[PDB]
Student: 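As an example, take this structure containing topotecan.
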Protein chains: 2
Amino acid sequence: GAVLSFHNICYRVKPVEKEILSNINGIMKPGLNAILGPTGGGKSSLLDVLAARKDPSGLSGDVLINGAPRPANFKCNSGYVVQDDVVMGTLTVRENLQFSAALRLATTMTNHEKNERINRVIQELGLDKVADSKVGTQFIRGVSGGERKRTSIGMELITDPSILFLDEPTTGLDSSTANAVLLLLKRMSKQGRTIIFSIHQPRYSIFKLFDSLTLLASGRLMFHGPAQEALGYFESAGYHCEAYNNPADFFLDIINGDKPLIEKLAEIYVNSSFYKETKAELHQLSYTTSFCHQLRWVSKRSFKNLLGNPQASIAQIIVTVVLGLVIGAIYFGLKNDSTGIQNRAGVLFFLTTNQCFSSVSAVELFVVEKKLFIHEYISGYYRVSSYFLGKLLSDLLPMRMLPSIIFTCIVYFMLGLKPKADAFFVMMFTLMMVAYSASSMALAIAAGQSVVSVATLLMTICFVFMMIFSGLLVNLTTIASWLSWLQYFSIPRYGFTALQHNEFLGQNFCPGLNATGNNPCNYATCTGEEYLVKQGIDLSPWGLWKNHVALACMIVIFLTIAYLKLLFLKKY
Amino acid sequence: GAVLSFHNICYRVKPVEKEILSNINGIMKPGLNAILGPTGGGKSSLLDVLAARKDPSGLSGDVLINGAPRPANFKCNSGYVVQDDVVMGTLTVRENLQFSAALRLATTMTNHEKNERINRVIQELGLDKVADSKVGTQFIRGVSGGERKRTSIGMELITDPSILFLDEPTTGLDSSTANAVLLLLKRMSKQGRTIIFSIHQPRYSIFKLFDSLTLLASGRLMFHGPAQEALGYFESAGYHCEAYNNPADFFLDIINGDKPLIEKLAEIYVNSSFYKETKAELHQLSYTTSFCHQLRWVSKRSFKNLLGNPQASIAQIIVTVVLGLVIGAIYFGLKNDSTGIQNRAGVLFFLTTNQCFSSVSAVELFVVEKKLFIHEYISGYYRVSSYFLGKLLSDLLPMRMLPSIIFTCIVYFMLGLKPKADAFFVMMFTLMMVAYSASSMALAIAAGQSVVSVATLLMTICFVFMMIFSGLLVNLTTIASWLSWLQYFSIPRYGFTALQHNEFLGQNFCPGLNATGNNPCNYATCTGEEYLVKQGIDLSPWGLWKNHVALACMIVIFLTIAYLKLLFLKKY
Ligand SMILES: CCCCCCCCCCCC(=O)OC[C@H](COP(=O)(O)OCC[N+](C)(C)C)OC(=O)CCCCCCCCCCC
Ligand SMILES: CCCCCCCCCCCC(=O)OC[C@H](COP(=O)(O)OCC[N+](C)(C)C)OC(=O)CCCCCCCCCCC
Ligand SMILES: CC[C@@]1(O)C(=O)OCc2c1cc1n(c2=O)Cc2cc3c(CN(C)C)c(O)ccc3nc2-1
Ligand SMILES: Nc1ncnc2c1ncn2[C@@H]1O[C@H](COP(=O)(O)OP(=O)(O)OP(=O)(O)O)[C@@H](O)[C@H]1O
Ligand SMILES: Nc1ncnc2c1ncn2[C@@H]1O[C@H](COP(=O)(O)OP(=O)(O)OP(=O)(O)O)[C@@H](O)[C@H]1O
Ligand SMILES: CC(C)CCC[C@@H](C)[C@H]1CC[C@H]2[C@@H]3CC=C4C[C@@H](O)CC[C@]4(C)[C@H]3CC[C@]12C
Ligand SMILES: CC(C)CCC[C@@H](C)[C@H]1CC[C@H]2[C@@H]3CC=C4C[C@@H](O)CC[C@]4(C)[C@H]3CC[C@]12C
Ligand SMILES: CC(C)CCC[C@@H](C)[C@H]1CC[C@H]2[C@@H]3CC=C4C[C@@H](O)CC[C@]4(C)[C@H]3CC[C@]12C
Ligand SMILES: CC(C)CCC[C@@H](C)[C@H]1CC[C@H]2[C@@H]3CC=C4C[C@@H](O)CC[C@]4(C)[C@H]3CC[C@]12C
C-alpha cells in the first residue's frame, strides 16, 4: 500500500504574512482517513498541501510517500476532488467522463473498455437517470446539485487512482445518497486505495467506517489516531459524553466551547501518548498521452461548448447576415458622382470596425474558463501548448473566418464595387486578417485575467483608440509630428487603408469630365488617386501589401504574448 | 396565536402540465413546525405556496389563517427567507439590515431604536466580527457563506413577524452555529410566533425541539402530526427502528427504500387516524411607508452600489477624461482649409457615438438585479414606481450628465470650434440629451430580461443600425424613397445633425477667397452651408431645435415602456 506521512508542516500566506497552518504531524496509512473540523480550521488548505497544490513558498515541512520523497509521477496516480464543482455545464455527464478518461487514462486500452468503466461508475454513483442530461447552463435548466457533485467525483474516480483526495464529497446530498457514496468509498478502500477526505456532520454508521481520524481546528491539530480511541482519549481528559448520540457532534461541541480553549486542547494532545508514538514513527521513517491526442480532445470539447453557447456563434452569424443585407440595400447602386467618395469610405470603415469589435465575445468565453483550466492543468490533463492550440483551432480559426466571406459575397455585387476578381479576393483576405489580429490582441490582453468586465473594458478602450486613427475621422497628415508614430499601432488603419487602395485607384468621381477636362478645379478631389493622396497613402502595390505583412506580424506577436502570459501564470 | 391551515392543495406547472404537488392537507398551529423531505420532494414549492408566492393559476386549494381567508395585509406581517441568498454584495451587513428595517418597519419608531434592534439581532446570530465587513464582491474577497446566510435570516428576523417561513435556514453552517440558530428560533417560537421551515439532516437534540412535523416526498404527504408520535406511527406499520440513532435518518431511509413504495406509504397515511382527525378539524373550521421614504432609501442603496462597482462610474469617468485629452491633442488647431470639414465632422461623430455606446454598462447593472427586485417587491418592501424613479435619480441622471460637461469643457477650446458661448452650451445640452435617450432605450430593451449577454447583444445591434444612418457614413439623399423613413428612428442622426448645424453655419473652408470669388468651382463645397445642404439639412434654427424635441419625446416614450415592462412582469 501507500503510506503517506508528514512532519513539522507549517504554512503561510501573504505584505503581512499570516500563518494558516501551524505545527502539524500525522500518518495516513492505507484504508480510510478523515479530516473533521469546523469552518475556517484549515481542512481544505491541508488537503491541497498534501496533494501538491499550494505554492511551495509557504510550505516548510516534509511530505513523504512510503518514506521516499514525492515521486515525480505523483500527479499521474492521484485524483483530487474539488470543494466547488468544476464541470463544463454545456456538456452532458457522459461526455465529461469520456473526456477525463480519454486524456488521463492511457490510450493502450480500447474505447469500448473505457466506455465500460464509465457505465460502471455511473451505476456506482446512481446517475443513470441523468447520464445524458445536460449539466447546468444559463439557458437550460440545470441538473440538481447532487448529480453535479457526483459527476465531479466520477471524473476522478474513473482514473483508478492508488491515492484519492476529496474536499467535502457530500455537501447538499441527501442522507441516502451520501450513505451510498461513502459505502462505495469504503468498499474501494478495502483493496489498498488510500483515501483522504474532509466531511461535515457524519452519522454514526459512517463514523464506524473510519480507520484513521484527523481533527483540525484553527490550524492546530487537536487529535490524530484511530477513530475508536478518540472518544476514550477525550473521556480520560474530560467531557464524559455519555449523553450525546453521535460522537462527531460531541467532538465539535468541545472545539466550539460547548487559557484559550484551542491552545489548551492542543497542548493536551502534544502531551498525549499518540503524539509521542507518531513522532517516533516519523523520525524512524525519515505526460501520459502525446501532444496530438490532447489537442484533438480539447478541440472537440471546445466545438461542443461553442455550439452550445448560442451567443458567440449563431447570434454572431445571424447578425452578420442581417447587417450584410441591410448594408446592401442601403448603399445599393453606388454612383461615380459627388456622393461616391463618402459612401464608399463609409462602408469600408464600417466593415473594418465591425470585424474588429466582434472579437470581444469569443475571448470572453476564454476568460471564464481560467479557473477550470488551472484545475485541469494541475490535475495532469494536458500541457499548456495543447490547450492553447486547441482553443485556437476550435474557436479563433473557424468562426472568425466566415463573417468576412459572408460579408463580401453579399455586399460586393449589390453595391457595385470594383468589377475584378482580384479585388474581390483581396477584400476577403484583408477582412480575415483584421479579424484574426483583433482576436489575437484580445487574447493577449485577456489571458490570465480572472474578471471579464475589466477585460472587456480594456479591449473596448484599446479598439476605440485604434479607431480614432483609422483614416476617416481625422486626416493623418494633420497629426502632429510627435504623435503620428502612434498610427502604426492601429489595426483598423491597415485594414481600411488596404481596402481603400484597391477600390479608389481606378475611379473618377467628377461626372462632367469634358467640362472638368478643359478647366480642372483646385479644390475638387475628383479622382480617387487625389483623395488617396490627400489622406496620406502610397499608390504602389507595395503600399497595399505592407498593411498585410504588418497584420501578420501583429498576429504572431500577440499570440506569443498570450502563450507566455499563460505559461508564467501562477498554477498553484 | 396564528393557526394556519390548508386543505386539498394541489399544484401544476406548465404546453404539458406537470403536477408537482398532489392532495395535501395539514394544520400548522403556533410554535415550531418543520418540513422534512428528500431533494425534489416539493419542500420549497409548498413553502412558497403557503406564503403566497406561487402563481394562483396552479393552486387549487384553500389556505386559511385562523379560519378566515388570507388577510390583505398578510405580507406586511410575515417574513420569508430564501434558499439561495439575496444580499447586495457591495454593501455591508449593517447597511442591509438598516435598509430592510427602514423600508419595512414603520417610521414612527426612532432611528436609534431601529439601530438598537439591529445590534440585538447581530448579537443573536453571532455576526459581531463581520458586522461591518463587506459582503461578497467580484473584487473584494467575500465573507464566508455562513455569515451571508445569517445575514439573509436577520433581514427578515428584524421585522418582528408574527409568522416566519424559512427554506433551508441551515445549509453549510457548522453544527455549533446551526444549533445556536435553531435554539434561537425555538426561544422565539415560545412567545406565539408561528414558525415554518424546511431542513436537512437535523440532529436529535434539534429533533426534540419540534412541535409539529411534515414529511413531503414526491409531492405526496407521508406523515403529518406531532414530532414524538411519528416514530410510533412507523413502528406500528413496520421498521422496528431500535437500531438507528437519529430518527431523521430513519425516516428518510424508508422513503429511499432502505406496489410503488411512495404510493404504499401515502395510502397507509390516509388510512391513519391522524389524517381522519385533521380532515375533521379542517372541515369544522371551514403599504407601510409612503412614497418619498421608499424613493430616498432606494436611491441611497444605488448610490452605494454604483460607487462600489468601479467599472461603470470611475472607469467611465477616467476613460472619458483620457479620450477628451487625446482628442484635444489630435485635432488641435482646426483650420479653415481643405481638411477642416473632414476633421470637424469626424470629431462630432465620435463624440456622439461614444455617448450612445456608453450606456450599455449602466443598464447591465440594472439587469442583474432583476431577481433581487422581484424578491424585494413580493416581500413588501417598495412599490414599482419607487424602485424605478430611485434607480433613475441615482444612476441615469447623475453619472450620464457629467461626461458631456467634461468632454465639452476640454475639447471646445483646444480644437478651436465656434467662439460663441451659445454654441458651447448648445453642444453640452445636445450631448446630455443623446446620452439620456440612449440610456432610456437600453432600459426599455433590458427591462425584465434575465440574461445580460442577450440584452447587451440586442442593444449593441440597435445602436449599430442607428449609427449607419448618422449622416457621415452615407449621404441621406441617396437613400431609396422606401427606406429614408427609417432615418427618423436614429438618435445619432439627431445629435450629429444638431452639432453640425451650429458649427458649419458661419464658416468658409476655401482659403483663397478672392481667387474663389472671381470664379467659383462647381464641385467645391467651399462653405459650410453648401456641405450642410448636400447632406440634406435645413438651415433654419427650427432645423436645429427639431432634433432636441425629438430626443425628448424618445426619452419619455422609452421610459414609459420600461415602466410598463416592469409593471406587467410576472412577480410570482
Ligand atoms: C494611442 C492609441 C493607439 C495606440 C494604442 C496602443 C494599444 C496597445 C494594445 C496592446 C498592448 C498589450 O498588448 O499589452 C500587453 C500587456 C502585457 O502584460 P505583461 O506586462 O506581460 O504582464 C505580465 C503579467 N505577469 C506578471 C503575470 C506575467 O498586457 C497588459 O498589460 C494588460 C493590460 C494592457 C492595457 C493596455 C492599454 C493601453 C492603452 C493605450 C492608451 C494610450
Ligand atoms: C435604421 C435604424 C434602425 C433602428 C431600430 C431601432 C429599434 C428600436 C425598437 C425598440 C422597441 C422596444 O424597445 O419595445 C420593447 C420591446 C418589447 O416590447 P413588449 O413586446 O411590449 O414587451 C413587453 C411584454 N410584456 C408586457 C408581456 C412583459 O423590446 C424588444 O422588442 C427587444 C427587441 C428589439 C430588436 C430590435 C432590432 C431592430 C432590427 C431592425 C432590422 C431592420
Ligand atoms: C459596433 C459599432 C462600432 O464598432 C463602430 O464601428 O463605430 C464606433 C463604435 C462601435 C462599437 C462601440 N463604440 C464605438 O465608439 C464604443 C463601445 C462600447 C461597448 C461596451 C462599453 N465599453 C466602453 C467597455 C460594451 O460593454 C459592449 C460593446 C461596446 N461597443 C462599443
Ligand atoms: N489564498 C488565501 N488568501 C487569503 N486568505 C486565505 C487564503 N487561503 C486561506 N485563507 C484564509 O484561511 C482561513 C481558512 O481557510 P481554509 O481554506 O482553510 O478554509 P477551511 O478550513 O478548509 O473551511 P471550508 O472547507 O469550509 O472552506 C480563511 O479565513 C481564509 O480567509
Ligand atoms: N418552474 C419550474 N420549472 C421546471 N421545473 C420545476 C419548476 N419548479 C419545480 N420544478 C421541478 O419540480 C421538482 C421539484 O422541485 P422543488 O422546488 O420542489 O425541489 P425542492 O423542494 O426545493 O428541494 P431543494 O430545496 O433541496 O432543492 C424539481 O424536479 C424541479 O425541477
Ligand atoms: C430575429 C432578428 C430580426 C433579430 C435580430 C438578430 C438578433 C437580435 C437575434 C437574431 C437571432 C437571435 C438568437 C436566436 C436564438 C437564440 C437562442 C436562445 O436560447 C437564446 C437567444 C438567442 C441567442 C437569440 C438572441 C437574439 C438573436 C441573435
Ligand atoms: C507589442 C506590439 C503592439 C508591437 C507593435 C509592432 C508593429 C506595430 C510593428 C511589427 C512590424 C512593423 C512593420 C514592419 C515593416 C513595415 C514596412 C515599412 O515599409 C513601413 C512600416 C511597417 C508597416 C512596420 C510598422 C510597425 C510594425 C507593424
Ligand atoms: C486607457 C485608460 C484610460 C484606462 C483607464 C483604466 C482605469 C480608469 C480602470 C481600469 C481597470 C480599473 C480597476 C479595476 C479593478 C480595481 C480593483 C478594486 O479593488 C479597486 C478599483 C480598481 C483599481 C479599478 C479602478 C479603475 C481602473 C484602474
Ligand atoms: C417606440 C419608439 C421607437 C417610438 C418612436 C417614436 C419617435 C420615432 C417619434 C416620437 C416623436 C416624433 C417626432 C415628433 C416631432 C418631430 C418634428 C418634425 O418637424 C419632424 C418629425 C419629428 C422629429 C418626429 C419624428 C418621429 C418621432 C421622433
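The sequence lines fix the lettering, A, B, ..., with proteins before strands; numbering per chain opens at 1. Counting convention: from 1, in listed order, for ligands and their atoms alike. Computed over heavy atoms, backbone and side chain alike; hydrogens, waters and symmetry mates excluded.
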Student: Provide the full list of ligands or chains for topotecan.
Tutor: ligand 3
Student: Look up in the PDB entry the name of the chain with the most contacts to topotecan (ligand 3).
Tutor: Broad substrate specificity ATP-binding cassette transporter ABCG2
Student: Judged by heavy atoms, which other chains are less than 4.0 Å from topotecan (ligand 3)?
Tutor: A, B
Student: Can you check which residues touch topotecan (ligand 3) if I set the heavy-atom cut-off to 4.0 Å?
Tutor: A/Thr353, A/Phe357, A/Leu457, A/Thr460, A/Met467, B/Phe357, B/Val464, B/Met467
Student: By UniProt's count from the N terminus, which transmembrane segments of chain A have non-hydrogen atoms under 4.0 Å from topotecan (ligand 3)?
Tutor: 2, 5
Student: Determine, using UniProt annotations, which domain of chain A has most residues touching topotecan (ligand 3).
Tutor: ABC transmembrane type-2
